[PDB]
Trainee: 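Take this structure, written in C-alpha coordinates, and hold onto it; I'll ask about it next.
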Amino acid sequence: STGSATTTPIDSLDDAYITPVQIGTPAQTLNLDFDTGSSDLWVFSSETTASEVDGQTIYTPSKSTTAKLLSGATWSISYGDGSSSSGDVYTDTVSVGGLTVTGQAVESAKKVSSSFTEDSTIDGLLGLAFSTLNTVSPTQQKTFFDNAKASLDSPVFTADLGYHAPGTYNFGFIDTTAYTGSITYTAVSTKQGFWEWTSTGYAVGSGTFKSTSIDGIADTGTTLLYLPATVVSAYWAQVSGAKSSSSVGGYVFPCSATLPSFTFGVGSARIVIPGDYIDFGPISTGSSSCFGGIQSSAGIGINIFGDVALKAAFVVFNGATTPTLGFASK
Ligand SMILES: Cc1cccc(C)c1OCC(=O)N[C@@H](Cc1ccccc1)[C@@H](O)C[C@H](Cc1ccccc1)NC(=O)[C@H](C(C)C)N1CCCNC1=O
(Lines of atoms letter the chains of each structure in order from A and count residues from 1; the text may use other names and numbers.)
(Lines give C-alpha, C1' and ligand atoms only; values in the text may rest on other atoms or scores of the structure.)
Protein backbone atom coordinates (compact mmCIF):
# COMPACT_ATOMS: atom_id res chain seq x y z
CA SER A 1 0.00 0.00 0.00
CA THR A 2 0.87 3.70 -0.32
CA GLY A 3 -0.49 7.09 0.69
CA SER A 4 0.01 10.64 -0.55
CA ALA A 5 -1.27 13.88 0.98
CA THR A 6 -0.66 17.56 0.32
CA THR A 7 0.81 19.62 3.15
CA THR A 8 0.11 23.38 3.29
CA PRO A 9 1.78 26.26 5.17
CA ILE A 10 -0.52 27.67 7.83
CA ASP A 11 0.44 31.30 7.11
CA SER A 12 2.55 33.54 4.86
CA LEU A 13 5.75 32.81 6.82
CA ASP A 14 5.58 28.97 6.69
CA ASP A 15 5.34 28.93 10.49
CA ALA A 16 4.02 25.34 10.33
CA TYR A 17 2.47 22.92 7.84
CA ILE A 18 -0.91 21.19 8.05
CA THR A 19 -2.01 17.97 6.33
CA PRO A 20 -5.61 16.67 6.16
CA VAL A 21 -6.24 13.41 8.06
CA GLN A 22 -9.45 11.34 8.05
CA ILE A 23 -10.43 9.97 11.47
CA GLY A 24 -13.34 7.66 12.27
CA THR A 25 -16.50 6.42 10.56
CA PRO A 26 -17.92 8.40 8.88
CA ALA A 27 -14.71 10.32 8.32
CA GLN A 28 -13.96 13.42 10.36
CA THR A 29 -11.26 15.38 8.54
CA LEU A 30 -8.83 17.29 10.76
CA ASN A 31 -5.77 19.26 9.65
CA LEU A 32 -2.80 17.96 11.64
CA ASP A 33 0.80 19.11 12.07
CA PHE A 34 2.95 16.16 10.93
CA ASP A 35 5.79 16.14 13.46
CA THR A 36 8.87 13.96 13.00
CA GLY A 37 10.03 15.22 16.41
CA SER A 38 7.29 13.59 18.52
CA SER A 39 5.32 10.35 18.60
CA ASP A 40 1.74 11.14 19.67
CA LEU A 41 -1.27 11.53 17.38
CA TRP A 42 -3.45 13.93 19.37
CA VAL A 43 -6.45 16.02 18.38
CA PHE A 44 -8.72 18.78 19.52
CA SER A 45 -11.95 17.04 20.47
CA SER A 46 -15.47 17.27 21.86
CA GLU A 47 -13.77 16.68 25.23
CA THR A 48 -11.44 19.69 25.02
CA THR A 49 -12.17 22.37 27.62
CA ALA A 50 -14.48 24.74 25.77
CA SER A 51 -12.56 27.92 26.61
CA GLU A 52 -9.44 26.31 25.10
CA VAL A 53 -11.06 25.76 21.68
CA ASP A 54 -10.97 28.79 19.35
CA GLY A 55 -11.74 27.86 15.75
CA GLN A 56 -10.19 24.39 15.53
CA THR A 57 -12.02 21.47 13.99
CA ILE A 58 -12.74 18.86 16.67
CA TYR A 59 -12.89 15.08 16.70
CA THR A 60 -16.11 13.76 18.26
CA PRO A 61 -15.54 10.07 19.11
CA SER A 62 -19.19 9.50 20.04
CA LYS A 63 -20.09 10.15 16.37
CA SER A 64 -17.59 7.55 15.09
CA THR A 65 -18.98 4.02 14.91
CA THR A 66 -15.43 2.60 14.90
CA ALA A 67 -14.14 4.58 17.92
CA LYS A 68 -13.43 2.64 21.12
CA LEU A 69 -12.27 4.17 24.39
CA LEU A 70 -8.92 2.67 25.38
CA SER A 71 -9.71 1.84 28.99
CA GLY A 72 -7.50 3.49 31.57
CA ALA A 73 -5.19 5.14 29.03
CA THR A 74 -4.12 8.77 29.35
CA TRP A 75 -1.53 10.98 27.70
CA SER A 76 0.36 14.16 28.57
CA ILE A 77 3.00 15.94 26.51
CA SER A 78 5.25 18.98 26.95
CA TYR A 79 7.06 20.28 23.88
CA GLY A 80 10.39 22.07 23.48
CA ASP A 81 8.77 25.53 23.69
CA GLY A 82 6.86 24.76 26.89
CA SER A 83 3.54 24.09 25.15
CA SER A 84 1.52 21.15 26.45
CA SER A 85 -1.64 19.08 26.04
CA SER A 86 -3.23 16.06 27.73
CA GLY A 87 -6.28 13.81 27.70
CA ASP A 88 -7.65 10.30 27.15
CA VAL A 89 -7.30 7.83 24.27
CA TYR A 90 -9.50 6.15 21.66
CA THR A 91 -8.62 3.65 18.99
CA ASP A 92 -10.14 4.45 15.59
CA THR A 93 -9.58 4.23 11.85
CA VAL A 94 -7.14 6.86 10.55
CA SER A 95 -6.38 7.55 6.87
CA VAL A 96 -3.76 9.81 5.28
CA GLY A 97 -3.96 10.38 1.55
CA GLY A 98 -5.52 6.99 0.84
CA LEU A 99 -3.45 4.96 3.35
CA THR A 100 -5.62 3.47 6.12
CA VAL A 101 -4.70 2.22 9.60
CA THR A 102 -7.33 0.51 11.73
CA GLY A 103 -6.92 0.54 15.49
CA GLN A 104 -4.78 3.67 15.57
CA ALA A 105 -4.44 5.33 18.97
CA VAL A 106 -6.11 8.75 18.66
CA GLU A 107 -5.27 10.85 21.71
CA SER A 108 -8.20 13.14 22.48
CA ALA A 109 -7.31 16.40 24.21
CA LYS A 110 -9.04 17.43 27.41
CA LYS A 111 -6.56 20.29 27.96
CA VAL A 112 -4.28 22.23 25.61
CA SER A 113 -1.93 25.09 26.39
CA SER A 114 -2.51 28.60 25.11
CA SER A 115 -0.25 28.41 22.06
CA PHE A 116 -2.43 25.62 20.66
CA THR A 117 -5.67 27.47 21.46
CA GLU A 118 -4.31 30.57 19.72
CA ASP A 119 -3.47 28.68 16.51
CA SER A 120 -6.87 28.15 14.90
CA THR A 121 -5.30 26.38 11.88
CA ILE A 122 -3.80 23.35 13.68
CA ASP A 123 -6.31 20.72 14.82
CA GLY A 124 -3.66 18.50 16.42
CA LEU A 125 -0.39 16.70 15.80
CA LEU A 126 0.53 13.49 14.01
CA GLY A 127 3.82 12.23 15.47
CA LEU A 128 6.34 10.51 13.17
CA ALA A 129 9.32 10.05 15.50
CA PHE A 130 9.93 6.61 17.00
CA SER A 131 7.23 4.98 19.10
CA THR A 132 9.53 4.83 22.15
CA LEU A 133 8.61 8.51 22.74
CA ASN A 134 4.84 7.95 22.76
CA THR A 135 3.39 9.31 26.02
CA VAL A 136 0.31 7.10 26.48
CA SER A 137 0.22 5.50 29.94
CA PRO A 138 0.12 2.83 31.26
CA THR A 139 0.42 1.14 27.83
CA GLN A 140 2.52 2.98 25.24
CA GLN A 141 0.96 3.20 21.77
CA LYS A 142 2.40 3.06 18.25
CA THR A 143 2.69 5.89 15.73
CA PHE A 144 0.68 5.96 12.53
CA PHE A 145 3.81 5.12 10.53
CA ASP A 146 4.71 2.23 12.87
CA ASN A 147 1.22 0.76 12.45
CA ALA A 148 1.26 1.18 8.65
CA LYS A 149 4.86 0.17 7.98
CA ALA A 150 4.42 -3.56 7.38
CA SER A 151 1.67 -2.95 4.81
CA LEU A 152 3.59 -0.30 2.86
CA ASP A 153 5.23 -1.15 -0.46
CA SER A 154 8.46 0.11 1.18
CA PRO A 155 8.85 1.00 4.89
CA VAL A 156 9.45 4.71 4.24
CA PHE A 157 7.80 8.10 4.23
CA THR A 158 9.01 11.26 2.53
CA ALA A 159 8.68 14.95 3.36
CA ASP A 160 8.62 17.50 0.52
CA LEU A 161 7.81 20.79 2.22
CA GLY A 162 7.21 23.85 0.05
CA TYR A 163 8.57 27.37 0.43
CA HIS A 164 5.49 29.62 0.47
CA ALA A 165 3.74 26.82 -1.41
CA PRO A 166 2.08 23.43 -0.91
CA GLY A 167 4.13 20.28 -0.61
CA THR A 168 3.67 16.54 -0.13
CA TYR A 169 3.96 13.74 2.42
CA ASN A 170 4.21 10.32 0.74
CA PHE A 171 4.03 6.97 2.53
CA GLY A 172 5.44 3.76 1.12
CA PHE A 173 7.18 5.00 -2.03
CA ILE A 174 9.79 7.43 -3.33
CA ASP A 175 8.58 9.80 -6.07
CA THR A 176 11.65 9.98 -8.30
CA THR A 177 10.20 13.02 -10.12
CA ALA A 178 10.15 15.08 -6.89
CA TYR A 179 13.90 15.74 -6.61
CA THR A 180 16.99 16.36 -8.71
CA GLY A 181 20.22 14.39 -8.71
CA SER A 182 20.55 11.54 -6.24
CA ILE A 183 19.42 10.88 -2.69
CA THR A 184 22.31 10.71 -0.21
CA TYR A 185 21.55 8.55 2.81
CA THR A 186 23.06 9.05 6.25
CA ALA A 187 23.06 7.10 9.49
CA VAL A 188 20.40 7.56 12.17
CA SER A 189 20.65 7.08 15.93
CA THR A 190 17.31 6.17 17.50
CA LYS A 191 18.59 6.18 21.09
CA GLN A 192 16.78 9.43 21.96
CA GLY A 193 13.70 8.41 19.93
CA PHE A 194 14.37 11.01 17.21
CA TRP A 195 15.53 10.96 13.59
CA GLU A 196 18.96 11.96 14.85
CA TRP A 197 21.82 12.26 12.36
CA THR A 198 25.19 13.99 11.87
CA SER A 199 25.67 16.73 9.30
CA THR A 200 29.15 16.92 7.81
CA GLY A 201 29.42 20.72 7.90
CA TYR A 202 28.19 24.02 6.54
CA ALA A 203 28.87 27.05 4.40
CA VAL A 204 27.54 30.62 4.50
CA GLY A 205 26.64 32.10 1.12
CA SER A 206 29.46 31.57 -1.38
CA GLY A 207 31.97 31.03 1.43
CA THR A 208 34.26 28.11 2.15
CA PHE A 209 32.62 24.88 3.33
CA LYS A 210 33.58 24.08 6.92
CA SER A 211 33.91 20.34 7.61
CA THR A 212 32.59 19.74 11.12
CA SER A 213 30.23 17.20 12.65
CA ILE A 214 26.86 18.65 13.67
CA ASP A 215 24.60 16.19 15.50
CA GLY A 216 20.95 17.08 15.22
CA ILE A 217 17.40 15.90 14.55
CA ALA A 218 15.29 16.09 11.39
CA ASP A 219 12.13 17.70 12.78
CA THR A 220 9.21 18.71 10.55
CA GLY A 221 7.41 20.03 13.66
CA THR A 222 9.99 22.75 14.37
CA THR A 223 9.82 25.90 12.23
CA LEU A 224 13.41 27.13 12.36
CA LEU A 225 16.97 25.83 11.98
CA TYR A 226 18.70 25.62 15.39
CA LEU A 227 22.48 25.16 15.21
CA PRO A 228 25.52 25.68 17.47
CA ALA A 229 26.27 29.26 18.48
CA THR A 230 29.56 29.31 16.53
CA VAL A 231 27.76 28.37 13.31
CA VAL A 232 24.91 30.82 13.84
CA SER A 233 27.31 33.67 14.67
CA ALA A 234 29.22 32.98 11.45
CA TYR A 235 25.98 33.16 9.45
CA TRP A 236 24.61 36.41 10.87
CA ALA A 237 28.02 38.11 10.67
CA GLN A 238 27.41 38.15 6.90
CA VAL A 239 24.21 40.22 7.31
CA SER A 240 24.91 43.91 7.86
CA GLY A 241 23.16 45.15 10.98
CA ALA A 242 22.15 41.72 12.29
CA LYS A 243 22.46 41.17 16.03
CA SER A 244 21.43 38.78 18.76
CA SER A 245 18.65 40.43 20.79
CA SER A 246 18.12 39.13 24.32
CA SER A 247 14.76 40.91 24.56
CA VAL A 248 13.46 39.44 21.29
CA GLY A 249 15.06 36.06 22.05
CA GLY A 250 17.31 35.51 19.05
CA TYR A 251 19.00 37.02 16.03
CA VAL A 252 17.17 39.87 14.30
CA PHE A 253 18.18 41.72 11.14
CA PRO A 254 17.10 44.79 9.14
CA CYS A 255 14.12 43.91 6.97
CA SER A 256 15.84 45.68 4.03
CA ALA A 257 18.69 43.12 4.05
CA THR A 258 19.30 40.50 1.37
CA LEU A 259 20.10 37.30 3.24
CA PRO A 260 22.86 34.92 2.13
CA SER A 261 22.15 31.25 1.57
CA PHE A 262 23.12 28.57 4.08
CA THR A 263 24.52 25.20 2.98
CA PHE A 264 24.57 22.05 5.11
CA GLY A 265 26.37 18.79 4.42
CA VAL A 266 24.86 15.32 4.11
CA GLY A 267 27.86 13.08 3.63
CA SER A 268 29.63 14.48 0.59
CA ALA A 269 26.36 16.01 -0.66
CA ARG A 270 25.24 19.59 -0.06
CA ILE A 271 21.80 21.08 0.57
CA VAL A 272 21.51 24.81 -0.17
CA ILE A 273 18.94 26.83 1.80
CA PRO A 274 18.17 30.03 -0.18
CA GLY A 275 18.54 33.24 1.78
CA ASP A 276 14.84 34.07 1.44
CA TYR A 277 13.95 30.91 3.40
CA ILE A 278 15.69 32.44 6.44
CA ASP A 279 13.46 35.58 6.58
CA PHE A 280 10.64 35.30 9.15
CA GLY A 281 9.40 38.84 8.84
CA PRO A 282 8.91 41.74 11.23
CA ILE A 283 9.43 40.97 14.91
CA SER A 284 6.17 42.82 15.62
CA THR A 285 3.56 44.22 13.25
CA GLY A 286 4.95 47.25 11.41
CA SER A 287 8.53 46.87 12.65
CA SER A 288 11.49 47.17 10.30
CA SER A 289 13.42 44.62 12.39
CA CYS A 290 12.98 41.05 11.12
CA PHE A 291 13.33 37.69 12.87
CA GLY A 292 15.99 35.26 11.64
CA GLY A 293 15.28 31.69 10.59
CA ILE A 294 18.64 30.37 11.82
CA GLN A 295 19.00 30.54 15.60
CA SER A 296 21.30 29.21 18.31
CA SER A 297 20.55 25.82 19.85
CA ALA A 298 22.40 26.75 23.05
CA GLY A 299 19.20 27.09 25.07
CA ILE A 300 17.73 23.86 23.65
CA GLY A 301 20.34 21.18 24.29
CA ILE A 302 20.05 19.70 20.79
CA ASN A 303 20.48 20.93 17.24
CA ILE A 304 17.28 20.92 15.19
CA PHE A 305 17.05 20.71 11.39
CA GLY A 306 13.55 22.17 11.30
CA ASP A 307 11.40 23.32 8.41
CA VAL A 308 13.86 26.05 7.28
CA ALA A 309 16.36 23.29 6.44
CA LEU A 310 14.02 20.47 5.47
CA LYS A 311 11.99 22.51 2.97
CA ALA A 312 15.19 22.99 0.93
CA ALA A 313 15.32 19.20 0.38
CA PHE A 314 13.40 16.09 -0.51
CA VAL A 315 13.75 14.08 2.71
CA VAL A 316 13.42 10.29 3.02
CA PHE A 317 12.58 8.88 6.44
CA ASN A 318 13.63 5.26 5.92
CA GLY A 319 12.11 3.02 8.59
CA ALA A 320 13.86 -0.20 7.61
CA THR A 321 15.16 -2.46 10.37
CA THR A 322 18.12 -0.09 10.64
CA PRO A 323 16.57 3.35 9.95
CA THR A 324 18.38 5.92 7.82
CA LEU A 325 17.70 9.42 6.49
CA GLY A 326 17.96 10.50 2.85
CA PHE A 327 18.35 14.02 1.46
CA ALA A 328 18.13 15.20 -2.14
CA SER A 329 18.12 18.64 -3.69
CA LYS A 330 14.92 19.59 -5.51
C1 LIG B 1 7.55 14.16 23.24
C2 LIG B 1 8.98 14.08 23.72
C3 LIG B 1 9.48 12.91 24.28
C4 LIG B 1 10.78 12.83 24.73
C5 LIG B 1 11.61 13.93 24.63
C6 LIG B 1 11.17 15.13 24.08
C7 LIG B 1 12.07 16.33 24.02
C8 LIG B 1 9.84 15.17 23.63
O9 LIG B 1 9.37 16.36 23.09
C10 LIG B 1 9.37 16.47 21.66
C11 LIG B 1 9.44 17.91 21.23
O12 LIG B 1 9.37 18.81 22.06
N13 LIG B 1 9.55 18.14 19.91
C14 LIG B 1 9.71 19.47 19.35
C15 LIG B 1 11.19 19.71 19.01
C16 LIG B 1 12.14 19.41 20.14
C17 LIG B 1 12.70 18.14 20.28
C18 LIG B 1 13.58 17.87 21.31
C19 LIG B 1 13.90 18.85 22.23
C20 LIG B 1 13.35 20.11 22.10
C21 LIG B 1 12.47 20.38 21.07
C22 LIG B 1 8.82 19.67 18.12
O23 LIG B 1 9.01 18.62 17.17
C24 LIG B 1 7.33 19.71 18.43
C25 LIG B 1 6.73 21.09 18.68
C26 LIG B 1 5.36 21.15 17.99
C27 LIG B 1 4.53 22.35 18.39
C28 LIG B 1 4.60 22.88 19.67
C29 LIG B 1 3.84 23.98 20.03
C30 LIG B 1 3.00 24.57 19.11
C31 LIG B 1 2.92 24.06 17.83
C32 LIG B 1 3.67 22.96 17.47
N33 LIG B 1 7.59 22.17 18.21
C34 LIG B 1 8.28 22.96 19.05
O35 LIG B 1 8.32 22.77 20.26
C36 LIG B 1 9.06 24.12 18.41
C37 LIG B 1 10.17 24.66 19.34
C38 LIG B 1 11.29 23.65 19.51
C39 LIG B 1 10.73 25.99 18.84
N40 LIG B 1 8.10 25.14 17.96
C41 LIG B 1 7.06 25.57 18.90
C42 LIG B 1 5.84 26.08 18.17
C43 LIG B 1 6.19 27.04 17.08
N44 LIG B 1 7.24 26.48 16.25
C45 LIG B 1 8.22 25.65 16.71
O46 LIG B 1 9.18 25.41 15.99
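By the numbers in the PDB entry, the shown part of chain A spans 1-330. Atoms considered below: every heavy atom in the structure, side chains included; atoms not considered: hydrogens, waters and symmetry mates. Whatever order the structure lists ligands and atoms in, that order sets their numbers, starting from 1.
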Trainee: I'm curious which chain is the main partner for ligand 1 in this model - what does the PDB entry call it?
Mentor: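 The largest share of contacts goes to Endothiapepsin.
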Trainee: Which of troleandomycin, ergotamine, tylosin, lapatinib, lopinavir would you find at ligand 1?
Mentor: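 It is lopinavir.
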Trainee: Name the residues that contact lopinavir at heavy-atom distances below 4.0 Å.
Mentor: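 Using heavy atoms under 4.0 Å, it comprises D33, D35, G37, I77, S78, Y79, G80, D81, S83, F116, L125, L133, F194, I217, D219, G221, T222, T223, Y226, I304.
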Trainee: If you look at the UniProt active-site residues for chain A, which lies nearest to lopinavir, and how many Å separate them by heavy atoms, rounded to 1 Å?
Mentor: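 The closest one among UniProt active-site residues, measured by heavy atoms, is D35, 3 Å.
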Trainee: Of the protein's non-hydrogen atoms, which lies at the shortest distance from atom 39 (C) of lopinavir, and what is that distance?
Mentor: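 Going by distance alone, atom 39 (C) of lopinavir is nearest to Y226 OH, 3.6 Å.
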Trainee: Under 4.0 Å and counting heavy atoms only, is there anything from the protein next to atom 24 (C) of lopinavir?
Mentor: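 Within 4.0 Å of atom 24 (C) of lopinavir, protein heavy atoms are found.
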Trainee: Which residue owns the protein heavy atom closest to atom 31 (C) of lopinavir, what's the atom, and how far is it?
Mentor: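 I find the closest protein heavy atom is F116 CE2, 3.7 Å.
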Trainee: Under 4.0 Å from atom 8 (C) of lopinavir, is there at least one protein heavy atom?
Mentor: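 Flag for atom 8 (C) of lopinavir set to false, no protein heavy atom closer than 4.0 Å.
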Trainee: Would you mind checking which non-hydrogen protein atom is closest to atom 22 (C) of lopinavir, with the distance to 0.1 Å?
Mentor: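 Looking at atom 22 (C) of lopinavir, the protein heavy atom closest to it is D219 OD2, 3.3 Å.
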Trainee: Determine, using UniProt annotations, which domain of chain A has most residues touching lopinavir.
Mentor: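 Those residues are mainly in the UniProt domain Peptidase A1.
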Trainee: Which residue supplies the protein heavy atom nearest to atom 12 (O) of lopinavir, what is that atom called, and how far is it?
Mentor: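 Ranked first by proximity to atom 12 (O) of lopinavir is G80 N, 2.8 Å.
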Trainee: Would you say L224 and lopinavir have an N/O pair spaced under 3.5 Å apart?
Mentor: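 For lopinavir, there is no N or O atom that lies under 3.5 Å from one belonging to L224.
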Trainee: Is there a polar contact, in the sense of an N or O pair closer than 3.5 Å, between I217 and lopinavir?
Mentor: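 Between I217 and lopinavir, no N or O pair is found under 3.5 Å apart.
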Trainee: Nearest protein heavy-atom contact for atom 34 (C) of lopinavir: which residue, which atom, what distance?
Mentor: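 For atom 34 (C) of lopinavir, the nearest protein heavy atom is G221 O, 4.1 Å.
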